[PDB]
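Presented below is the structure to which this report refers.
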Amino acid sequence: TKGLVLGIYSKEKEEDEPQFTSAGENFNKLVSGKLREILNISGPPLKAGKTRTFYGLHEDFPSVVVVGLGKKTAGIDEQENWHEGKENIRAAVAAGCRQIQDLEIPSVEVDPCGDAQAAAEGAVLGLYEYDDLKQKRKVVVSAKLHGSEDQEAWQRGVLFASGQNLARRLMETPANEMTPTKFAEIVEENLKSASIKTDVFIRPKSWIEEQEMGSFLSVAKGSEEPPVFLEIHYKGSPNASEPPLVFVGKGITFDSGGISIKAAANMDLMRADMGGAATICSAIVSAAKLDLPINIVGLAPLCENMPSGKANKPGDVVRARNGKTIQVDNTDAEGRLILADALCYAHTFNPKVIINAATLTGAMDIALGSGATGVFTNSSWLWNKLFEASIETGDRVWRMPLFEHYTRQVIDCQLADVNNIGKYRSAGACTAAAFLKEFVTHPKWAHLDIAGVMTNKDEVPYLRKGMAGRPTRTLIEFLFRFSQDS
Amino acid sequence: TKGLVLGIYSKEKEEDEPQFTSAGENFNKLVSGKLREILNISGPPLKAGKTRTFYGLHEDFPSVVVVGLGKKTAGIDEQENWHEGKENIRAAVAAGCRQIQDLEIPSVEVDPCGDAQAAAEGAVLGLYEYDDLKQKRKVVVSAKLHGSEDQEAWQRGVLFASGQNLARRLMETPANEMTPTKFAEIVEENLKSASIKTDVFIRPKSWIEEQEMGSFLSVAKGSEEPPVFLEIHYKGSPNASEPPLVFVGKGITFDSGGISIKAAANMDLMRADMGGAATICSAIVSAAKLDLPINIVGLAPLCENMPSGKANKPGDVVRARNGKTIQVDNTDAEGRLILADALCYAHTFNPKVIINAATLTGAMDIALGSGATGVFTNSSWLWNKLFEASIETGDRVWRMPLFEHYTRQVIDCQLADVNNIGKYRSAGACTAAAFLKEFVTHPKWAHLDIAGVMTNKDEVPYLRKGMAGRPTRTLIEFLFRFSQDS
Amino acid sequence: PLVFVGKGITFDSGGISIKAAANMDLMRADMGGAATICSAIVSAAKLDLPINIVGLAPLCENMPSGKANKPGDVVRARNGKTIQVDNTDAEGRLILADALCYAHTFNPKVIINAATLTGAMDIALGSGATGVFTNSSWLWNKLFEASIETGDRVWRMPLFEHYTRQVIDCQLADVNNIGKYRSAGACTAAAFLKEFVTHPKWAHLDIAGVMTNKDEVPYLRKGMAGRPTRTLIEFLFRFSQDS
Ligand SMILES: C[C@H](CS)C(=O)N1C[C@@H](Sc2ccccc2)C[C@H]1C(=O)O
Ligand SMILES: C[C@H](CS)C(=O)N1C[C@@H](Sc2ccccc2)C[C@H]1C(=O)O
Ligand SMILES: C[C@H](CS)C(=O)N1C[C@@H](Sc2ccccc2)C[C@H]1C(=O)O
Ligand code: NA
Ligand code: NA
Ligand SMILES: [Zn+2]
Ligand SMILES: [Zn+2]
Ligand SMILES: [Zn+2]
Ligand SMILES: [Zn+2]
Ligand SMILES: [Zn+2]
Ligand SMILES: [Zn+2]
């Protein structure tokens, strides 16, 4: 059994009937107009993201799912900050593929819908499900481009989507499996499979201690799970000495909050508190697969945050790699602690830019939810590049303020140079960002608080319920454009 | 456009292919085997509750939805306490009708599926949606029996389902619309439309005061919304002097908890705190439509429970109609307060049985959730009758204990004869039931705590998300059988 | 005229969806939206700006009583849209729905509303800046530029259908006065308001985070801040000269 997903646009006022994509019209022609005929008979027109299934139209395609693509000329939506057409395609195709999968069809050919990359992303992101630990699973669906004219674009979409799906897998996987060591090993095998122009160092605790990362170590010690500092190098630049772009990701494989223990409700989701590491590492893996002509370094401090007889204690003062002391008033604000040391280390690479990602604050979720990743940056150039890339990917970013106003609230510290929690409970994502900035001197640094986009329920149509792996594609697009432009 | 819902059973080992119902096979014959042909082509067999849509099979039915009915011989499931076949039909048909509605088809003919009543209930309960206050609504679907051989059974199903839908409407409707007065007027018009052998008395506050219902009055006074004591009579017995069956329902049109105010989260659902009144009144309306040969009296104290300068105050002692004093330690345990007076009044009718329904305790929800209505009764005969009726309707009941063990915890009262909350927080539904029992001397009394079945998310397949109107059909079935048996 | 709308809840107890006792006294400033836009207009008048301005401020208290809004109640806005009041403490958007509808009758050049609308806004940006939701980048830029001068900063927040979807997914009515999820509270609140706006140049300022000052703004003693009144004044001044 082989399924087929075909797109149809919303009817324009000047048109007598909704128009099929080129593939749709061709298939209709192939079946002597039976597709149009049955679609007409089926009832109301298919709107954006809606689907309808027709059976027995062609011996090779017992199941044909037509999906609504919305307005054919839908481009950049000035109000939504994204290319609407691409988003329509991703959603429609995802919906179509899910329908094919529900019919238990193992193979599906997908209409490029005028944008093969978007179509591929919809199919690949849409079909993804982390079901490795389930006895009962949906049929594995192999999605392929319908036709052979948009191959590179289609594969580009598969690549981008696969990068995000890698992040989703890493985030979704339970923490007892996805330990710091396991995460590092999976990223290592993926990066090495992507290109041999790579180096991966799964730095052990001894190295971390040697690097004087007391902040990171303070978080890790509460747990019996060994911490690791993942360092990955992708040497894509023609010039080996070319300064690299450095990505840093919060890799808390599991966050119980530590002594400042979290509430039980939905704490299981904290297995994705390493989403920052997942997204930046996956983006680098994808950059390597794209063979981007740039040098990139990925840094991911990985550990668990657990309560125990040797765990971080509220009030404890720890020393970051840069010598700055930190008062750990709340052990559940551990992401900024490990990032302090990772960000310090990031400067040793004399990077062109430093971008960190982290499921850093619930405040970010309360601020923008899953609508967009919050971006704190001291460079409007960098903000604009990330923003422009997000318009293309649809995985939106929204700028958040890096004001001294917030810095003042974290450096007002009773015992040390900086407190790991603001003196007020307001603007949690902003004070967390201000804290990170105290460990950054680089002129082009961007902090992405992805706590709000850590999961998906139904907000992003082409992502099934679960860890979202956002905004991996936006980072990939950013890297791609940087390798071409910047 | 006219849609068609046809059923197909799960294939038995001895059969070469899954068997259609009589209507399905006949339609297939009508379309020269095209239905079977396309179903075969469509893929995997249809399992219970699953559906698949085929277009253009017949000029009169552009859309045909085949629904899986499960095992043809599925009967009473000893482990689930219900007739599985009927439940399969209700679910499958509901699913089929929802599919027809999504296609925006205004008319649908429904396969009786070997049990027209179950089919009708699935279609009518399944299509129901309270959308009176919405500008955007789904297409109104008119469901009718496919064929003309199972008319009475089909109409019986429509009647039962309509009774439940009336309860759902009353429960779902916002409290500012569904006031005590409005509820009474809607029940009145429905009962009177059902039969002229009825009397309805929308008793005003003056009557309530005359009846010395101090407990009920104490609850109502906090709100500016006038309370009413709905009294409905259905004189179906050939003998006017025949003792009536008396139904009592908690009619709190809105419960804020009063001075013992509720938390904000999901308090909107308390607009259905009159579900007890809704279900028993709807059951009586349906009994009247069925023209059951029995006398039935419905009693529903209706009021709001609001905080104000004259509302019930914790610790206040009120006097029930029977002279018993009640210490109101928690003003949010108001349902038992109004029921105390209604139950007392119920005895004046020298009833054969007294059955009250109420969304009485969150404890009931914690106990059985929406799996079944908790039934507290001092009569195993009555319990068995309710239980047997529930097997048929699928709207299950589960017996809960009326032990002195619980009574002791409510009569251990600091200031009065009985405390409106137990001395311990355990067995909340049982102590609430024990409280009610202090106002009952009748040998055949059953208290139904329907708090757990007040709403539906997806537990009952044939009920869309919202107020469930449960267990209205079980009460109707009980009445029907009582009119025939008892 | 340019039309300004301000949430004027003189006191908010939350109503039946009653607030916690801690610091509820600050809710006497839940009319800050009305205060800032009205004050800005007074100042515009004192500046004798050559423009027509209309100020709209629905004013009332939100109290619990025997006749108060009940969770689940469905009310009808001036534009005929029904609203499910799931949380009576999300009352600012309820009164603004009617005020925003009325604002359109003036065929305004722009519609700007201010409101101490969500605690989510405070959690989002605190007192660092007023959150600005607008369907006009031109309007956003004008407000932003004015804020640079006044120092009473504004920061743009998203008006995405993403949030709209979460408020129009309503059990009983056209729109629910609280999102289906607890995330992005200021954004869903803004989306709710947008359902009562058809104007091409509308800006919603959630000033809940800048309602008070402790010591963040050096030149403001502890207490209600009256922000971002000056930014609105500057905006009006420049509009009277430029736009
Ligand atoms: C998503 C983050 C990172 S794991 C997180 O859970 N935080 C960070 C801080 S915020 C915070 C909460 C209270 C006082 C001070 C700061 C602690 C914890 C929380 O919200 O209680
Ligand atoms: C569903 C019922 C009826 S409205 C309800 O809400 N109850 C009844 C009592 S239980 C209760 C709770 C604490 C102490 C004593 C009794 C009060 C209220 C509640 O759960 O807090
Ligand atoms: C500052 C605003 C306006 S007065 C406010 O207090 N809100 C608005 C809503 S948010 C909200 C909270 C819980 C569920 C749904 C929405 C209610 C109240 C609050 O935070 O509990
Ligand atoms: Na994980
Ligand atoms: Na109701
Ligand atoms: Zn934490
Ligand atoms: Zn964390
Ligand atoms: Zn109550
Ligand atoms: Zn109640
Ligand atoms: Zn409020
Ligand atoms: Zn308010």
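To find a chain, count down the sequence lines: A is the first, B the second, and so on, and within it residues start at 1. When a ligand or atom number is given, it counts from 1 through the structure's own listing order. Below, each value reflects all heavy atoms present in this structure, side chains not excepted, and no hydrogens, waters or symmetry copies. Portion of entry displayed, and contacts counted within that portion, nowhere else.
Checking ligand 1 against equilin, zofenoprilat, fasudil, triclocarban, promethazine, the answer is zofenoprilat.
Here, the main chain in contact with zofenoprilat (ligand 1) is recorded in the PDB entry as Cytosol aminopeptidase. Other chains with one or more heavy atoms under 4.0 Å from any atom of zofenoprilat (ligand 1): A. The residue in chain A annotated by UniProt as active site that sits nearest to zofenoprilat (ligand 1), with heavy-atom distance to 1 Å, is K262(A), 3 Å. Residue list (UniProt substrate-binding, chain A, heavy atom under 4.0 Å from zofenoprilat (ligand 1)): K250(A), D255(A), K262(A), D273(A), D332(A). Ranking protein heavy atoms by distance to atom 16 (C) of zofenoprilat (ligand 1), first place goes to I421(A) CG2, 3.7 Å.
Nearest non-hydrogen protein atom to atom 9 (C) of zofenoprilat (ligand 1) is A333(A) CB, 4.1 Å. The protein reaches atom 5 (C) of zofenoprilat (ligand 1) closely, with a heavy atom under 4.0 angstrom from it. Of the other ligands and ions shown, those with an atom under 4.0 Å from zofenoprilat (ligand 1) are ligand 6 (zinc ion), ligand 7 (zinc ion). Under a 4.0 Å criterion applied to the non-hydrogen atoms of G362(A), zofenoprilat (ligand 1) contributes the atoms 1 (C). On the PDB entry, the origin listed for chain A is Bos taurus. Nearest non-hydrogen protein atom to atom 10 (S) of zofenoprilat (ligand 1) is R336(A) NH2, 4.7 Å.
Between the choices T331(A), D255(A), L360(A), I252(A), the shortest heavy-atom distance to atom 2 (C) of zofenoprilat (ligand 1) belongs to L360(A). Remark: zofenoprilat (ligand 1) atoms within the under-4.0 Å shell around heavy atoms of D273(A) are 4 (S).
The shortest contact between atom 7 (N) of zofenoprilat (ligand 1) and any protein heavy atom is with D332(A) O, 3.6 Å. Contacts of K262(A) with zofenoprilat (ligand 1), taken as heavy-atom pairs under 4.0 Å, involve the side chain alone. For the pair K250(A) and zofenoprilat (ligand 1), a heavy-atom separation below 4.0 Å is found. Atom 20 (O) of zofenoprilat (ligand 1) is not flagged as protein-proximal [any protein heavy atom, distance under 4.0 Å]. For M364(A), the closest heavy-atom approach to zofenoprilat (ligand 1) does not fall below 4.0 Å. Per-residue contacts place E334(A) under 4.0 angstrom from the following atoms of zofenoprilat (ligand 1) (heavy atoms of the residue considered): 4 (S). Closest heavy-atom approach to atom 14 (C) of zofenoprilat (ligand 1) within the set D329(A), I261(A), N330(A), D365(A): this belongs to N330(A). For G428(A), the closest heavy-atom approach to zofenoprilat (ligand 1) does not fall below 4.0 Å.
Heavy-atom distances show that, of the Zn(2+)-binding residues UniProt gives for chain A, the following lie under 4.0 Å from zofenoprilat (ligand 1): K250(A), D255(A), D273(A), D332(A), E334(A).
At 4.0 Å, heavy atom to atom, the residues around zofenoprilat (ligand 1) are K250(A), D255(A), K262(A), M270(A), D273(A), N330(A), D332(A), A333(A), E334(A), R336(A), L360(A), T361(A), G362(A), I421(A).
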